[PDB]
K.L.:
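Context: structure of estradiol in complex with Nuclear receptor subfamily 1 group I member 2.
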Amino acid sequence: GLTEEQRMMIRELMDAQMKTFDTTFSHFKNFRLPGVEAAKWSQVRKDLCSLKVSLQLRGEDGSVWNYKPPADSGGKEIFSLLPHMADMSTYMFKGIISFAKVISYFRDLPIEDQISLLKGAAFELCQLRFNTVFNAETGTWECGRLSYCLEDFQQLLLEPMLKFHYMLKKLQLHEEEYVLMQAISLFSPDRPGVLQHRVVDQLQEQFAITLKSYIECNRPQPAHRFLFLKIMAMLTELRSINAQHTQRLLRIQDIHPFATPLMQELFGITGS
Ligand SMILES: C[C@]12CC[C@@H]3c4ccc(O)cc4CC[C@H]3[C@@H]1CC[C@@H]2O
Ligand SMILES: O=[S@]1OC[C@@H]2[C@H](CO1)[C@]1(Cl)C(Cl)=C(Cl)[C@@]2(Cl)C1(Cl)Cl
């Protein structure tokens, strides 16, 4: 019951996703691993301990390495996983940039708006991709040979990013709905620096219309009543989480630099 432009739209997005989402993380390589003013620190300590994960690496030979992080004892140990996480986020950002560049609607925008939109949405599309490898039964992001497992329950869901992943996983979305969510986030007309506000706004509306129609054509079950509105509410929450985590990043970076060059570029850090 989709129009022809709507089916072409979904096919282009799925094509871009298929070409640029390394779902086995097979090409994530050469990453770092953990080794073998007072008010600023207290806030950063709170920022860092709100997510605690252990790390598992399954080798191509059947061997397994497992890393359990240190407890916060008031020193530099709270930073032990930052170089690794920076490498992982950098790898994901590259895939997200590649995703956007393949989409015709994005390619046709002026280069300055392309940059503004990626700066605005890269984090959000990364999280949307991460949700598809989230195992809500085990609290684990399954990234091919790497796993990130939440350290232990109802208390963990107080953390907005974690509540987001659990609530979104429960909607049991299709691949097509995830990639439409990515497009709606990417084409947000109100990111800092966008110039072609009206063009971007019209594109976003068409992706939202396509998503609403996809759900109506393919999900008649009473469990999916209001599904379109639930997804849109999650996207608004994701934007909120993005703003929160951007500020966390800049606070951590202020007293303990760790952002890679690509992260600096996307977050506006000039190197001076
Ligand atoms: C998620 C945290 C804030 C956001 C940080 C971030 C934010 C953006 C990004 O590209 C990478 C990282 C790595 C470390 C993250 C932090 C580790 C714990 C903290 O809450
Ligand atoms: O791309 S970044 O690096 C990955 C980290 C975060 C996302 O930012 C979270 Cl929210 C997710 Cl998702 C994963 Cl996976 C981890 Cl491991 C945690 Cl910290 Cl769990």
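Since chain A takes its numbers from the PDB entry, the residues it shows come out as 142-177, 195-310, 315-434. First listed ligand is number 1; within each ligand, the first listed atom is number 1. Side chains included, hydrogens not; waters and symmetry mates left out as well; all remaining heavy atoms used.
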K.L.:
Locate estradiol in the structure and give every matching ligand or chain.
P.N.:
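In this structure, ligand 1.
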K.L.:
Of the choices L209, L424, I414, which has the non-hydrogen atom that lies closest to atom 16 (C) of estradiol (ligand 1)?
P.N.:
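Answer by nearest heavy atom: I414.
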K.L.:
Hey, which organism does the entry list as the source of chain A?
P.N.:
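The PDB lists Homo sapiens.
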K.L.:
By UniProt annotation, which domain of chain A makes up most of the contact surface with estradiol (ligand 1)?
P.N.:
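Most sit in the UniProt domain NR LBD.
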K.L.:
For estradiol (ligand 1), which atoms have a heavy atom of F251 less than 4.0 angstrom away?
P.N.:
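That gives atoms 10 (O) of estradiol (ligand 1).
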K.L.:
Wondering about overlap here: which UniProt-listed hyperforin-binding residues of chain A have a non-hydrogen atom under 4.0 Å from estradiol (ligand 1)?
P.N.:
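The overlap, by heavy atom and UniProt annotation, is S247, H407.
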K.L.:
Using a strict 4.0 Å cut-off to heavy atoms of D205, name the atoms of estradiol (ligand 1) that fall inside it.
P.N.:
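That gives atoms 18 (C), 19 (C), 20 (O) of estradiol (ligand 1).
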K.L.:
Does estradiol (ligand 1) come near enough to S247 that some N or O of the ligand is less than 3.5 Å from an N or O of the residue?
P.N.:
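So estradiol (ligand 1) has an N or O lying under 3.5 Å from an N or O of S247.
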K.L.:
Which of the atoms in estradiol (ligand 1), numbered in the order shown and given with their element, are less than 4.0 Å from a heavy-atom of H407?
P.N.:
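Contacts of estradiol (ligand 1) toward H407, numbered from 1: 1 (C), 3 (C), 4 (C).
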K.L.:
Out of curiosity, is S208 lining estradiol (ligand 1), as in a heavy atom under 4.0 Å away?
P.N.:
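Heavy atoms of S208 do come under 4.0 Å of estradiol (ligand 1).
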K.L.:
Could you help me figure out which residues touch estradiol (ligand 1) at a heavy-atom cut-off of 4.0 Å?
P.N.:
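Within 4.0 Å on heavy atoms: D205, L206, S208, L240, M243, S247, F251, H407, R410, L411, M425.
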